[PDB]
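Snapshot of caffeine at Ryanodine receptor 1.
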Amino acid sequence: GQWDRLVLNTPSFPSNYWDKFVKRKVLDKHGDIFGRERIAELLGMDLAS
Amino acid sequence: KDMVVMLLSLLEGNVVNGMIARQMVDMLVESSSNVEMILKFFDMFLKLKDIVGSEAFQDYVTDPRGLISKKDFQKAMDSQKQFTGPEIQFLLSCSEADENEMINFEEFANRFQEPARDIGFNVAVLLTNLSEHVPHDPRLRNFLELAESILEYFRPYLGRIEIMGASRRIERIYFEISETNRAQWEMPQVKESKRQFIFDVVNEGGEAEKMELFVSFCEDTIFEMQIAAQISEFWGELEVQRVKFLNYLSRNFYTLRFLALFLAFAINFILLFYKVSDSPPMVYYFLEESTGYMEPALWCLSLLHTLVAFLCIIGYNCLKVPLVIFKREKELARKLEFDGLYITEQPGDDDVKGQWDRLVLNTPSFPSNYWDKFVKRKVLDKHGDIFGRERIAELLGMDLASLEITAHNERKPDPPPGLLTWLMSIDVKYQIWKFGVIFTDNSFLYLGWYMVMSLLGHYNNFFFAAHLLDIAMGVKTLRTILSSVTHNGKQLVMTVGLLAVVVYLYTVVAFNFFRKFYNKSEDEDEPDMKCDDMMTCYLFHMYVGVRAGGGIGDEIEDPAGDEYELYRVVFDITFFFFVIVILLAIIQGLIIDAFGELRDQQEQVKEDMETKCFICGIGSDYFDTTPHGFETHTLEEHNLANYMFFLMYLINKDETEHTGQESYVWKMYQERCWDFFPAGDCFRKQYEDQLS
Amino acid sequence: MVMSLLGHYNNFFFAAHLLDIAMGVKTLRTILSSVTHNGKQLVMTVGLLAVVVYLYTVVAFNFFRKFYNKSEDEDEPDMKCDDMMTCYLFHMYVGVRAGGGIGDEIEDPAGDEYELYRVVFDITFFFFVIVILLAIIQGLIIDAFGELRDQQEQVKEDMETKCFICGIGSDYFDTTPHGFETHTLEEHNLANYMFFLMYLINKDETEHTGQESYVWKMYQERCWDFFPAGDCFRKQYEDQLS
Ligand SMILES: Nc1ncnc2c1ncn2[C@@H]1O[C@H](COP(=O)(O)OP(=O)(O)OP(=O)(O)O)[C@@H](O)[C@H]1O
Ligand SMILES: Nc1ncnc2c1ncn2[C@@H]1O[C@H](COP(=O)(O)OP(=O)(O)OP(=O)(O)O)[C@@H](O)[C@H]1O
Ligand SMILES: Cn1c(=O)c2c(ncn2C)n(C)c1=O
Ligand SMILES: [Zn+2]
Ligand SMILES: [Zn+2]
């Protein structure tokens, strides 16, 4: 788990897996509870773009 | 809560799709608005506590005083996407805001936190009971959907068990499992004890009674560990510090047993650097090293190891010994009450346990650890008519007059505070019995040996080598591997005895005929006749003949060119086959099949656990006609953990407040009849047609 | 690769490359899986051997030390148990390897006032190390073979007594002639449940039929209730299908 922490921030996380929109589902699930901006920083994604 | 405990009562005894359950479902439909208000009140505050814990809330707060403005609180409630507008306004209204409009979010989170817990649990029980007894109803599951949050929160604490009620039908009982009980049941020690009990009961035993003795023991272990962890949660102050010290030892007893082993390795590693030389640094043993303080290190480690061993003995006296004395007091009081082992019958005159336990009966403090403190007064009321009340009084040491005096008003004075009172109030008889039990215990004897070797280590440090064997009892794997040998120990010892007999037969033959062949001497001046005496010749065979790979033929001289040559060939060859080959093969085979049997036993029990329910006895085949039905029936319907939490619920609950089914179970526990356990039946079976 | 490169520094490193055969062919992988199955117990057994031999080294160092003279000429004595380091190495090396035990190596106890104790010492060394402990090691290997064989028969017989998906046994499905085989590779075939997914994934969402859409929505939300557990088309319509 601690090693896998590195790859979350990267923009090319789901490189081989089918879902290329996993980050945008983690946001839509946990953003309310833990802050959309915080999830954006953890997943490296930018909200505006 | 009282209203719902009544509604629940009416539903008692009610079959699936019964009249009363359907009537209350019609009720709740008719009171839909009000019921929804109640459920959504509980939902509001149960969600509210979680939001108060959420990170978004704590980065919306600004004041270091831990207070949030009403507007800030409001926009926090909006951003959590969780409540609607009007209920956000309601929460703001409930906010104990000051004139500055600043809310203490912890206090507002927790004001309704405790008062609503019991009523919430009762509502959860009511909804679950109606759902399970009226399964096919469009109208109730609406309420269940609204109350999903309450059911989720009170799920961990809502235990259900099925029993066989008086009406000869399986009935489900819903009760409350407290937080402490659940936390204590999941603790590692209790879980290990659980798996041992399962292993023992599945290898052999009467199930229901053994479970109940497993529950009762566990309930006493729970007491002891809460007592031990209590501290972590003039003579008076020293007594307080003494209790703290002994509880600290008991709490981390295993760490002490682990450090003791570490010290044994450390010392024995120090012990490797010895040298024996005539010249002082008779003959003198001394360490050889370049450092210089190998030796003071050894001296400190010897004392520290001895101290740790003594501390472990104290830890054992305060952690595990009370359970042992409980399991003997418990069994004796049953043998005394239900079987009359000393009233009617008498100990079998070959069992040391009964005759030893005879001492403690006369003592006034017999049930010191067991729950029943009135066992003597029940043995009297049962057997006094048959065998004389006075005789039972003498056997149990109780006095008849003061027995009824305590039934009247009874005044007692507090004894003067003095160590002499402690010293003299000791019941020498009960203590003698207790220590006889303790020194009879295997683990205590092992720890005592460990201490004795540690002390003798100061007479000569090499005794610390014995302390290495602790590893066998330390780690699991060597305990399994050595359990292989100890499984067939009896056959191994008898095989070794058979070897001695056979070798003695060969010694007989060698002594009578082939004696010129046993000259283990090189020079002709000195002959070394090894079979001149049968003592020497038997020792010769038993020592070198068995150990030699070829057999006795390798050691003794050659038979070539002798008139007994052919007989010697037969003798040596049959020695090789019947001792070196077959008998050693038998010994090794006992070991191999011991491994096989132990592996078989573990797979044996384990596969039992996943093919049948522990309580029901019904197989997984029936319960899997529904998707994953067996798992649900395992840890929802008939869960052995829940049947323990029942007992701790009953014992705690006040007798006046026991419900009908609970009272029925309790009266049976006390009289020790186990018909309430569902055997060969289940709620699915009882109502198979209606539940469909 | 690293051994192959070091093979140019000294060609003998290519010898390590032979161990590849263990990972190459199936049979040696099974045979070595025997040892690796009970590797933990084997290592602990070897450790126990060291502890026991150390105990014997303690006893030998204290009492039976005159018997450890591995020297022929009287001018040069070769005291092997003068130091505990040397004496432990002596036992651990030659005592364990000797067939008889430590009694074969050390000198004879005949005609000595510790003779009887030496007899007990050597004999119990033979039983508790050469016989029992080596038997334990070999027994771990044998039962490893037995367990692996049992596991393969275990799974295999499962596969031919119950359907993988349904969970129902072959007894029900064989009330009809060869019914179990049909229910295996016609009705509930695990290969077909994979070809479904590759059918759904490929198919255009607009064109998913009702049942296909229902399955797809469940795959995506990751609920597995659509798999038939404990039921089959034969069971559902047993009366009508007859
Ligand atoms: N009445 C029963 N109560 C509990 N378990 C049962 C019962 N009947 C059968 N079982 C079997 O017991 C198994 C679980 O036992 P176990 O003690 O491992 O549960 P656990 O909570 O997972 O324990 P651990 O966490 O130690 O593994 C289940 O697989 C189930 O098949
Ligand atoms: N749902 C299922 N799907 C597939 N096979 C099943 C199922 N349930 C049970 N089986 C068992 O699986 C066995 C076939 O497995 P296997 O993979 O060998 O099939 P196969 O196509 O012959 O494979 P191979 O060609 O490698 O032997 C059958 O004998 C059958 O009893
Ligand atoms: C107090 N008490 C009881 O009264 C009891 C019991 N088990 C059965 N009964 C009746 N246990 C474990 C118990 O602690
Ligand atoms: Zn059950
Ligand atoms: Zn199938």
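The chains carry the letters A, B, and so on, in the order of their sequence lines. In order, the residues displayed for chain A correspond to 4699-4747 in the PDB entry numbering, which applies throughout. So for chain B, numbering is the PDB entry's, and the shown residues are 4021-4253, 4540-4587, 4627-5037, in order. Here chain C follows the PDB entry, giving residues 4796-5037 in order. This depiction is restricted to one part of the PDB entry, and every contact reported falls within that part. Order of appearance sets the numbers: ligands from 1, and atoms from 1 within every ligand.
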Where, by number or letter, can caffeine be found in the structure? ligand 3
Identify all other chains that place a heavy atom less than 4.0 Å from caffeine. B
Which caffeine binders in chain B, per UniProt, sit with a heavy atom less than 4.0 Å away from caffeine? B:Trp4716
State which other ligands or ions come closer than 4.0 Å to caffeine. none
For caffeine, which UniProt-numbered transmembrane segments of chain B (counting from the N terminus) have a heavy atom within less than 4.0 Å? none
Extract the source organism field for chain B from the entry. Oryctolagus cuniculus
Binding site of caffeine, heavy atoms under 4.0 Å: B:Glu4239, B:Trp4716, B:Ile4996, B:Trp5011, B:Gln5015
